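Caption: retapamulin together with 23S rRNA, bound form.
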Amino acid sequence: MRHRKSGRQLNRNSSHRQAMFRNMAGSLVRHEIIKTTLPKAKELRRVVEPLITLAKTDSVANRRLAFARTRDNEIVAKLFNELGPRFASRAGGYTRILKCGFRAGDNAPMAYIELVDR
Amino acid sequence: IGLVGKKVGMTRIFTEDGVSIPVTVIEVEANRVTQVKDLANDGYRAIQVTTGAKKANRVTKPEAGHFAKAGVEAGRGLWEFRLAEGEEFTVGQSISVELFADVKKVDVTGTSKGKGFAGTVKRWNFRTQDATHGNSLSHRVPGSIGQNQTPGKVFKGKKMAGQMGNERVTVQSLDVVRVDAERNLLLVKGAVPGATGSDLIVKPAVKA
Amino acid sequence: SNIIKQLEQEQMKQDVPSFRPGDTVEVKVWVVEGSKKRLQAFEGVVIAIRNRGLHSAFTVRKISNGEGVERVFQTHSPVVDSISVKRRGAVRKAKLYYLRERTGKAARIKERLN
Amino acid sequence: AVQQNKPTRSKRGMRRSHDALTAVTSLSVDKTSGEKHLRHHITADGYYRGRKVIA
Amino acid sequence: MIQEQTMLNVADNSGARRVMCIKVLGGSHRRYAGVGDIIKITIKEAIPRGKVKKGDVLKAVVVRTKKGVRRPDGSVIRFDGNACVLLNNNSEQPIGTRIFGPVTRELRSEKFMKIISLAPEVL
RNA sequence: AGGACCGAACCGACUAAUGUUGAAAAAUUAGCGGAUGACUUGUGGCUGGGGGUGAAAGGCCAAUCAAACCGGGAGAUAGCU
RNA sequence: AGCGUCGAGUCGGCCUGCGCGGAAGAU
RNA sequence: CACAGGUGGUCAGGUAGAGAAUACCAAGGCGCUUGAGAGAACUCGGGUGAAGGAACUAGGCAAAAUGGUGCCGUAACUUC
RNA sequence: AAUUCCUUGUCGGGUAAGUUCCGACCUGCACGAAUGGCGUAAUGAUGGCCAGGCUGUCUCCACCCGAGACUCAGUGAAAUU
RNA sequence: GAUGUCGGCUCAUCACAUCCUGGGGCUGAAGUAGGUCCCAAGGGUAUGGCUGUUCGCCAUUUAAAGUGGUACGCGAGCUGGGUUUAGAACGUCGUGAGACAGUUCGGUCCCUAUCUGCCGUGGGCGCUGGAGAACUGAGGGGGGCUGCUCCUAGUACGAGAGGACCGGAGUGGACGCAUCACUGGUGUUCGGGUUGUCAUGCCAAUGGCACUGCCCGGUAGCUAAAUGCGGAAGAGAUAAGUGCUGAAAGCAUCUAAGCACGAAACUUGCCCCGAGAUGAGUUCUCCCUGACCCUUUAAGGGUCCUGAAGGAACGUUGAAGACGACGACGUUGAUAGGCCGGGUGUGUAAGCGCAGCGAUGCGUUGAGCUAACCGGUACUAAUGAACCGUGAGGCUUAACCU
Ligand SMILES: C=C[C@]1(C)C[C@@H](OC(=O)CS[C@H]2C[C@H]3CC[C@@H](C2)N3C)[C@]2(C)[C@H](C)CC[C@]3(CCC(=O)[C@H]32)[C@@H](C)[C@@H]1O
Ligand SMILES: [K+]
Ligand SMILES: [K+]
Ligand SMILES: [K+]
Ligand SMILES: [K+]
Ligand SMILES: [K+]
Ligand SMILES: [K+]
Ligand SMILES: [K+]
Ligand SMILES: [K+]
Ligand SMILES: [K+]
Ligand SMILES: [K+]
Ligand SMILES: [K+]
Ligand SMILES: [K+]
Ligand SMILES: [K+]
Ligand SMILES: [K+]
Ligand SMILES: [K+]
Ligand SMILES: [K+]
Ligand SMILES: [K+]
Ligand SMILES: [K+]
Ligand SMILES: [K+]
Ligand SMILES: [K+]
Ligand SMILES: [Mg+2]
Ligand SMILES: [Mg+2]
Ligand SMILES: [Mg+2]
Ligand SMILES: [Mg+2]
Ligand SMILES: [Mg+2]
Ligand SMILES: [Mg+2]
Ligand SMILES: [Mg+2]
Ligand SMILES: [Mg+2]
Ligand SMILES: [Mg+2]
Ligand SMILES: [Mg+2]
Ligand SMILES: [Mg+2]
Ligand SMILES: [Mg+2]
Ligand SMILES: [Mg+2]
Ligand SMILES: [Mg+2]
Ligand SMILES: [Mg+2]
Ligand SMILES: [Mg+2]
Ligand SMILES: [Mg+2]
Ligand SMILES: [Mg+2]
Ligand SMILES: [Mg+2]
Ligand SMILES: [Mg+2]
Ligand SMILES: [Mg+2]
Ligand SMILES: [Mg+2]
Ligand SMILES: [Mg+2]
Ligand SMILES: [Mg+2]
Ligand SMILES: [Mg+2]
Ligand SMILES: [Mg+2]
Ligand SMILES: [Mg+2]
Ligand SMILES: [Mg+2]
Ligand SMILES: [Mg+2]
Ligand SMILES: [Mg+2]
Ligand SMILES: [Mg+2]
Ligand SMILES: [Mg+2]
Ligand SMILES: [Mg+2]
Ligand SMILES: [Mg+2]
Ligand SMILES: [Mg+2]
Ligand SMILES: [Mg+2]
Ligand SMILES: [Mg+2]
Ligand SMILES: [Mg+2]
Ligand SMILES: [Mg+2]
Ligand SMILES: [Mg+2]
Ligand SMILES: [Mg+2]
Ligand SMILES: [Mg+2]
Ligand SMILES: [Mg+2]
Ligand SMILES: [Mg+2]
Ligand SMILES: [Mg+2]
Ligand SMILES: [Mg+2]
Ligand SMILES: [Mg+2]
Ligand SMILES: [Mg+2]
Ligand SMILES: [Mg+2]
Ligand SMILES: [Mg+2]
Ligand SMILES: [Mg+2]
Ligand SMILES: [Mg+2]
Ligand SMILES: [Mg+2]
Ligand SMILES: [Mg+2]
Ligand SMILES: [Mg+2]
Ligand SMILES: [Mg+2]
Ligand SMILES: [Mg+2]
Ligand SMILES: [Mg+2]
Ligand SMILES: [Mg+2]
Ligand SMILES: [Mg+2]
Ligand SMILES: [Mg+2]
Ligand SMILES: [Mg+2]
Ligand SMILES: [Mg+2]
Ligand SMILES: [Mg+2]
Ligand SMILES: [Mg+2]
Ligand SMILES: [Mg+2]
Ligand SMILES: [Mg+2]
Ligand SMILES: [Mg+2]
């Protein structure tokens, strides 16, 4: 049973998932649109959107929390200097997932996830 | 008869003499009578009731006309209650939790929480075999399922793994702790079937 | 939810004092030995608090007549007549289960004087 | 555990009575580009619901 | 929550120091004795010149448990150790003259009012 | 000093689980024994089948051993199926 | 036979036909 | 077999360490040639567990436990 | 008794309870002196027994993390009949 | 041209020659408590020490620790202690190889389930116009155990000792169902402490790796040891048994006619499934009221138009779930995520200042962070469509209306 449980395992261990979503969150902030599998896109929202929320309030503490969760100062800088400012008036929903068919190699359901004002 | 309610959740009532009574809170909104079954037309005596408030788009035209015949708003479903020898009700009558004002004990029916596909240990309280002492791949497995050539088959009703829960369960003879007609609440002592939010059928206790 | 909130809030005591893990508290409990009722004091260290509205509880550890005793009080129970902080303890943790393995000098808690 | 008797071509067919694929019931038509697409999916030219969403 | 093989401390001056539960009495397949339950015990360790001897088979009433007791408001009382009071095998009356450490109000019964009276406190 | 001690490499193989149409015709994993010696290992050499070799288990002698393998006597013989 | 009364049969061996009990088992 | 096996020699960085153990790294080399989901039973490999503590079992099998250095201290018996 | 059939001999010890164990007895079915007798410190992945510690071994299982199992796409066996 | 074996474990299922509980006759049955026989199979029916044991003995329970059948039930379910390979030894026999239903130590247990069966769960078609619901209940399944205490009553009974029936009340054991409010477990998705090391230029602060590195706490969920509930009462027909009236047979006789009692068995009552109940049931509601031509004039066939109710599909999903299924929701929207507020948990972040030689302490500060929770909120994603499903529904006969 998984009654009321959140979070997808994605056939990985916890440390792999954490590392993967840190990378993928970095990729989405950097590029503003990425193509990934639909389940990964849905989970990535729960990682990326809180980073954008954190980035609305520029402070050393918040930059360091963002750095702890991204480990990339280019990404932290973009969050606090661009995205947080860009999304200051938006109450959540900083991303949109667009389904885009099936991956050739494994028939994986694919989606684009992008920042909403890209 | 009984009423249809909703499992809100569980809490406690502290009594003045320092007893904590575990209570299931049941929200019993007005049950509106949608149909009265009689012996002439239907061959048995019953009321059909509705409760709650369904949204127009989700109410089909067949459903709408049934409610419209009764002259009541669409609720979230229909439930029947068999009538006693005396009991009379009218179509469109609303029945409140005040029904239970003088009732001491109730039977509460709901749909149990769904455990999905359950092993024999969980489903039937089978004992596990040895975790060690040489056991090969047979820790929680059911063991033997029959005899030998006589009878050369497994008997019907054999306890085996399968779907557990997500089925109708009645818990009998629950004490009515409080009937709060103003808040549309019935408080019953102890647990009742189903998750928070699920439909409950509450009836006066059959046993006594 | 909002329903259960309302049912719970009307039963909640309004006069529960502030206390923290590590405090020495005296809890006076109603004891009915027959029909006569009286207050029995239970004094000891708060080793755990469960903050959970009406379902709040706290665990008090005492050494009584040789023996370590713990009592888990249901904070809003009418059995609990009164609670009073006798001494404020300075501890880091929310839960002082480590005190179960300590006696005497090892089980001392520094006073929190502020 | 293995068969004592060779299962028939009949029995094979019967087991495969549930193997048939379901065709796409209908394709949606983008309101701008007029391209057919899977419903709730972007078009091959990168439209979705009239908007050019990718390039 | 005492079962067969559970070692208990002795909350009396009968002379036993350590006793082992060899039977939870009062029903077929009965698993556990809590506070107020009679158990069959064997004395594993005793004082030199006590009223009881090592290897004696007696009854005892469980007076403290680590699992503890629940009260009607949902409260719990738990002890650091499991303790019992040795009883005469036939009469089920306390062997010792003193009781040591707290007991609970679960013992308040004509059967064990001697233990209550002798106990240094009742919780 | 030591067929001394603890312990890697190295040599081994006591227990358990897995695996048993294996990843593997003997292993993997966790533990285990020896670890300056009657030790271990590379290269090459010698011993040949009623023969060898054997700190001896009928062990081993090319996944084969109470008499190797290959070819031959040979279509042995088979009151048996 | 029941209690001298009472007014018609009664009694139990034999041979034999057919039944009755004796007679509890495991999917 | 693009096979968790077998195969002798040589070289020997850093931090911690007695160490060629072990952990993390350097140089250097790799992610092991099906993937994607899901988060049932059951199996496998693991983590934690109230109270009890060998009651398990042929048997404490397995597991849990012990585990370092310095110092103090150390019984029967003994071929010393 | 690595030997004893009768046999779980008998007595003592250990356990609440001990066909095993330890110590005895001698009635050695069927020990016995280099196919050695009886001892014996040390040693042992050796056999038996007891105790402390320790624990999911168990009472009696619960939850969790992973790999399978399940679904989709690709490839695609087997014994048997 | 193989039908795996003792014992254990797991899971059973039936018989009744009944161990307990239920009913009853007789008793050398005062009571209590037995003995014996009859009825009764609903349910229930020990844990340990020793031994491979089954068994047995022993300890201590229990209302009781039933007896049997089921390939001495159950190894394509587990074990492998015993038996029964190869090693070795003892006693014993044999000149010896060796041997012993003597003993002793060691000693590989394979199978991915086609069919039947069983537990679950779907798809198809049917049920006669289609559709959405609510039902009836043929039939099936589950459940059915019991202690102790108190009252009645120290009554009846008894010389005492002791000590009831019947009836009533309470509280347990075992078992079962549900649930998570409580008490707790778990909680590698939350917070913190900390060892070694590597990195982010460095400091400070962080992150990676070391079993989640090791740990301490812990939210939701799941959950038991947690806490609610259950077994029934009642009814019918009975068993053994007890009778009433009563002849045959002037009597007697519970039986032949007639009538009455009588048990955990039976049929109900309680719970769950249930119309594929093809004997395919009922009730309520909803929807479709067009043209046209052929030929094989028939439940014939095709076209043009029409496309309902509703369904499905897709999407967002769920205390529903292996997949199907089932439930919620799809902008006229709280379905999910985010966001906001709260709660909860952890336990006083960072930065800065102050004190200290410094480790560190103190202030800012119960701070900061906070998953699955609660209450809200259209910010994001749930699309306009399209698709399937049709167009008044056979014949015969009756009863009524035209
Ligand atoms: C090999 C036959 C086995 C597996 C076992 C057999 O037991 C014997 O035959 C005892 S002799 C013993 C058998 C096996 C093979 C060699 C050795 C000697 N051991 C390991 C045994 C128990 C029977 C006595 C004879 C019949 C059996 C079928 C049913 C049964 O109970 C079997 C046979 C047909 C079975 O295949
Ligand atoms: K030869
Ligand atoms: K002998
Ligand atoms: K000799
Ligand atoms: K049986
Ligand atoms: K009798
Ligand atoms: K029975
Ligand atoms: K057989
Ligand atoms: K067996
Ligand atoms: K078989
Ligand atoms: K098997
Ligand atoms: K078949
Ligand atoms: K809980
Ligand atoms: K919890
Ligand atoms: K670090
Ligand atoms: K039907
Ligand atoms: K289902
Ligand atoms: K939302
Ligand atoms: K601070
Ligand atoms: K600070
Ligand atoms: K806080
Ligand atoms: Mg959720
Ligand atoms: Mg995978
Ligand atoms: Mg890690
Ligand atoms: Mg579920
Ligand atoms: Mg078991
Ligand atoms: Mg195996
Ligand atoms: Mg296993
Ligand atoms: Mg048959
Ligand atoms: Mg055949
Ligand atoms: Mg198929
Ligand atoms: Mg050496
Ligand atoms: Mg070797
Ligand atoms: Mg190894
Ligand atoms: Mg050695
Ligand atoms: Mg060594
Ligand atoms: Mg030999
Ligand atoms: Mg060879
Ligand atoms: Mg030869
Ligand atoms: Mg010739
Ligand atoms: Mg030939
Ligand atoms: Mg006869
Ligand atoms: Mg490869
Ligand atoms: Mg290789
Ligand atoms: Mg090598
Ligand atoms: Mg290394
Ligand atoms: Mg898993
Ligand atoms: Mg562990
Ligand atoms: Mg534990
Ligand atoms: Mg513990
Ligand atoms: Mg212990
Ligand atoms: Mg044992
Ligand atoms: Mg046992
Ligand atoms: Mg071991
Ligand atoms: Mg270990
Ligand atoms: Mg013998
Ligand atoms: Mg003997
Ligand atoms: Mg003896
Ligand atoms: Mg023992
Ligand atoms: Mg001896
Ligand atoms: Mg000899
Ligand atoms: Mg000689
Ligand atoms: Mg010798
Ligand atoms: Mg054959
Ligand atoms: Mg009988
Ligand atoms: Mg029957
Ligand atoms: Mg019945
Ligand atoms: Mg026994
Ligand atoms: Mg058998
Ligand atoms: Mg049997
Ligand atoms: Mg097997
Ligand atoms: Mg079999
Ligand atoms: Mg064996
Ligand atoms: Mg031999
Ligand atoms: Mg039944
Ligand atoms: Mg229970
Ligand atoms: Mg909760
Ligand atoms: Mg907790
Ligand atoms: Mg934890
Ligand atoms: Mg952490
Ligand atoms: Mg630093
Ligand atoms: Mg690294
Ligand atoms: Mg590394
Ligand atoms: Mg008469
Ligand atoms: Mg009963
Ligand atoms: Mg807090
Ligand atoms: Mg920090
Ligand atoms: Mg402060
Ligand atoms: Mg918040």
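In what follows, chains carry the letters A, B, and so on, assigned in the order in which the sequence lines appear, proteins first and then strands, with residues in each chain numbered from 1. The header says electron microscopy, 1.8 Å. We count ligands from 1, going down the list as the structure has it; atoms in each ligand are counted the same way. A fraction of the deposited model is presented, and contact counting is confined to that fraction.
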Structural location of retapamulin, copies included
ligand 1
At a cut-off of 4.0 Å, which other chains have heavy atoms near retapamulin?
J
> For retapamulin, which residues make up the site at a heavy-atom cut-off of 4.0 Å?
Replying inline: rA2(J), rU3(J), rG4(J), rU5(J), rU84(J)
